[PDB]
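These notes are about the structure you will find just below.
Start at 1 with the first residue, then count along the sequence. Atoms within a ligand are numbered from 1 in the order they appear, just like the ligands themselves. All heavy atoms count here, side chains included; hydrogens, waters and symmetry mates do not.
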Amino acid sequence: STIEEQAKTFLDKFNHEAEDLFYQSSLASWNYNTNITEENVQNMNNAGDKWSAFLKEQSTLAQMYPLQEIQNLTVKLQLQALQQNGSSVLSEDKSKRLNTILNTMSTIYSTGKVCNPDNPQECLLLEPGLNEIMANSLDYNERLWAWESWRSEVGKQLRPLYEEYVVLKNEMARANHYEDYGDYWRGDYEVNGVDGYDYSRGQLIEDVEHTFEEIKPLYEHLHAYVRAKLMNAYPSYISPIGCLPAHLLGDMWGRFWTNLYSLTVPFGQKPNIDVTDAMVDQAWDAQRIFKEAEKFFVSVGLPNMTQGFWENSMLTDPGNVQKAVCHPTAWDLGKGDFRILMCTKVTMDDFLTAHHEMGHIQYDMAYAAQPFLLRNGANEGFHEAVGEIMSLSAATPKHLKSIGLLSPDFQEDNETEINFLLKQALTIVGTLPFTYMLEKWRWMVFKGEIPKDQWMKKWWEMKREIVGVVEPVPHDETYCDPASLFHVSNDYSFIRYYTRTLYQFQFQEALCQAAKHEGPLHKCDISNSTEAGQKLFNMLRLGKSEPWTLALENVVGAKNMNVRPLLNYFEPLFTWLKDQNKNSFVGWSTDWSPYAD
Ligand SMILES: CC(C)C[C@H](N[C@@H](Cc1cncn1Cc1cc(Cl)cc(Cl)c1)C(=O)O)C(=O)O
Ligand SMILES: *[C@@H]1O[C@H](CO)[C@@H](O)[C@H](O)[C@H]1NC(C)=O
Ligand SMILES: *[C@H]1O[C@H](CO)[C@@H](O)[C@H](O)[C@H]1NC(C)=O
Ligand SMILES: [Cl-]
Ligand SMILES: [Zn+2]
């Protein structure tokens, strides 16, 4: 029989052992992220250590098939993955150290503690505490300790191992036909096979570059507007001309300025559109949330969460007695097993993140029925970009209103608009420059453009030009600030958040028009419309068996990342920021300082 047949099986003989062999790891791997005992650690790095050996072995027993000599395009690209020597390319008993490094980094993060100065016994984990503070405290000082202490106490520990991490990981990358590890994560976005749809790795970069320009204006005015209302509540601390201090951003990293809402609300007297409060005066809990969320997908086609999910997902920190990584994550253990690990809180933040995490799931399912080594979203952007297509709709006063956290509200005042839209900006635009800059530095390093002795160097120089933010305390190259933001210390590429942000609005400008909407998309409902659910559905199911470029094209006109639908969402808020800012200065100083004073 044909040779494009010794594989059409070799693959399927693979999709069946792997799934279980995987699930064997995902399951143990889960006992860890849910209880950082240690007994659980080993069990875990034993389950994947074999899957390691499994995949490794099946890599050689795979490349036994020549490149082409294969049709049915799928069968070929599916082959692609396997042929690539995994991180096995490493010195067997070397990659071990990587894990040793990887595992720690994780624990350090979800376990590290800073302890109150005036009471060696009042220690705070990052969740919550360093977190609740960096999200609520208004005491420039409380804010300040938390910020520094975290980076100081834990951050510093990370350093040593991060230095080893880039190295080890790099060697693995480059010894795999890539320029570095970054070139690797840029891989995800790559597509070859198809012509006119081919997308290169070096592209993803300059494609973010370009798309970033049209994003700057809207940022600056948004940044120069919140340097204002931020001075208004921390006078004598921030210059009306030089990037705000890192600890007043609304959260440990300033990744999201969504908590600077009460300090920046444009018309703070209209009905708060941060139903974080209405939720408490209704006693909303974890379930109720993930139930009110699951209720959304079901309104637009997509199924209800499986009873298996409801019986294993950890939707609240088990508190003292068992320590689990609290970062919200949507798990796929395969074999039909779907779970979500999130230390849910009754915030409006956790209301949306639920719509996120869930979205991950609704996707993981939507492409379940698909060759195992192919079920995986067109690309990271897409996976991230999905739950955000919901939060976009399920956060509009409209929805929020009808849902409950906003009984019969003041019509929709031409002002509740700039009001609602400023929050979004806070969350969505706030992150773009932060999201970008971090990955850039992340690339620069793997690349090489930043020698070990210049890490915290470029990092803050950068945080200054691009993000438009400065550090409250000179950080020596003893630190490692960009290793105290989960994502970093636990692998996870970061640029999917950038890309996800732009995909987000393209998919939305299409579905509204696929539910017959007739206003700006920042008024677009999308709930109850199967016309919409359906469309998106026919998209999710294809897994990663179709270049995202084509997939994108088949869903929303363009076959690539478009910044304009976003610029359209925030056009109302922009022109207004224009006004409000008329007197205030748009831009910032890359030489200022809140301490050099
Ligand atoms: C790739 C995964 C390992 C991490 C990621 N989780 C989210 C979690 C998230 C969504 N929106 C906000 N956050 C941050 C966060 C929320 C909560 Cl309730 C607790 C904590 Cl510790 C962090 C992210 O960091 O983007 C994701 O699902 O894409
Ligand atoms: C797997 O690794 C071996 C030795 O490092 C190498 O010869 C082989 O080409 C790799 N797999 C492929 C087909 O790239
Ligand atoms: C092409 O051949 C493969 C393996 O023989 C088969 O499973 C697949 O269904 C065919 N094309 C598709 C993707 O339907
Ligand atoms: Cl930082
Ligand atoms: Zn996500």
Looking at ligand 1, what drug do you see? MLN-4760
Which chain makes more heavy-atom contacts with MLN-4760 (ligand 1) than any other chain, name per UniProt? Processed angiotensin-converting enzyme 2
Can you list, by chain and number, the residues with heavy atoms within 4.0 Å of MLN-4760 (ligand 1)? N131, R255, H327, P328, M342, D350, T353, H356, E357, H360, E384, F486, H487, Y492, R496, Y497
Point out the residues of chain A that UniProt assigns to chloride binding and that have a heavy atom under 4.0 Å from MLN-4760 (ligand 1). none
Name the UniProt domain of chain A that holds most residues touching MLN-4760 (ligand 1). Peptidase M2
Would you find the UniProt active-site residue of chain A that's nearest to MLN-4760 (ligand 1) and tell me the heavy-atom distance to 1 Å? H487, 3 Å
Quick check: what organism does the entry name for chain A? Homo sapiens
Zn(2+)-binding residues (UniProt) of chain A within 4.0 Å of MLN-4760 (ligand 1), heavy-atom distance: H356, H360, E384
